Chemist: 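I'd like to ask some things about the structure below.
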Amino acid sequence: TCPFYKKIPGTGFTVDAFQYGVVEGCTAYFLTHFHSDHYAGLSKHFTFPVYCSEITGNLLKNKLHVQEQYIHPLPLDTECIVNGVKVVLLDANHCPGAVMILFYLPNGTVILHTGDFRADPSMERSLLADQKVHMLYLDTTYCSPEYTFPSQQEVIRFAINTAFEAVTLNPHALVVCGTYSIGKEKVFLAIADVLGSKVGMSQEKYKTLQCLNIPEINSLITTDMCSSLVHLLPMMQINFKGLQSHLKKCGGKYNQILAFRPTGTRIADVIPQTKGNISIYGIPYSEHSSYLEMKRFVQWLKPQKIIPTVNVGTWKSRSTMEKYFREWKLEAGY
Ligand SMILES: CO/N=C(/C(=O)N[C@@H]1C(=O)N2C(C(=O)O)=C(CSc3nc(=O)c(=O)[nH]n3C)CS[C@H]12)c1csc(N)n1
Ligand code: NI
């Protein structure tokens, strides 16, 4: 059945609750972002209306083939009505099109649903600050102190640097990036930027990127591999065996590959794995809050209830996160 943590109490709304068939007493459904944990169940003939950002809707429309009529896009940083409830979508600083949602219930209660997000101080200078928020549905993906990774700013600076090095050194060398779902585009876009390349890819992915309407995207991407000296390949293809296969299958224009895996302490001290003329790099590009980013965020927010939405399936997990919420409540004095 649909769990209590996917339901907005007060309304008949749900958030990312498409894998449960029809939820009883659910007048509208909300999609925070286009990630498959969060959209599973959305067939092209899903018959209830869906509320989301523009971008998430494009991806629904084109990848999952749902009809304009059942797809209600909504602008960011704007007060909107939906089944007579005030709602606002805020940028989640997650993947393209991802949003947090504020529900302003008619009784007076105000609910933030982070969805997936990467807490940032800039969110404290937002619509959020214009009132107290009582309940918080919290992306707790990394709610544990060992989870510390650097700023996206650092990683990309590094990856830009590692890139401009290897190509200025060997101008017949190819940067490659790993990828599966949307997100982490700034990695591969920022390298292409600095080497004045376009970004080559398979068509599914090219299509996926055309949904996101990035400024001047046509001039930053392509499906003809040859012309692009930075290529995106599926994450599974990012191994020495796969990168040989790829370098044969270009017609011998590139003699050396610099790869990147974006999934997973100091950044300058990072060292690759080299086997041949193939350097692979594991880089920690998160689009989720670290322990401290989250902490700061919630401690600023000072919510009354907090409802975690992630690592929710076991009691060890549930009570460990509840301990950290107690610590934060106490430390900040709310
Ligand atoms: C092939 O599958 N890939 C993995 C794997 O988990 N790789 C990376 C890893 O640890 N990752 C993490 C994360 O760290 O949370 C994540 C992020 S969790 C997540 N984030 C979302 O934004 C979202 O919408 N849904 N989810 C679930 C999943 S893959 C990546 C794998 C399987 S076996 C193996 N060696 N790794
Ligand atoms: Ni996500």
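Residue numbering for chain A follows the PDB entry; the residues present correspond to positions 700-963, 971-1040, in that order. These numbers come from the heavy atoms of this one structure, side chains and all, not from hydrogens, waters or symmetry mates. Both ligands and their constituent atoms are indexed starting at 1 by order of listing.
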Chemist: Give the name, as used in the PDB entry, of the chain with the most heavy-atom contacts to ligand 1.
Modeler: DNA cross-link repair 1A protein
Chemist: Can you remind me what the drug at ligand 1 is called?
Modeler: ceftriaxone
Chemist: What else, ligand or ion, lies under 4.0 Å from ceftriaxone?
Modeler: ligand 2 (nickel (II) ion)
Chemist: I'm curious, what organism does the PDB give for chain A?
Modeler: Homo sapiens
Chemist: Hey, could you tell me which residues sit within 4.0 Å of ceftriaxone? Heavy atoms only, please.
Modeler: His732, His734, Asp736, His737, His793, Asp815, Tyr841, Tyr879, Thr962, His994
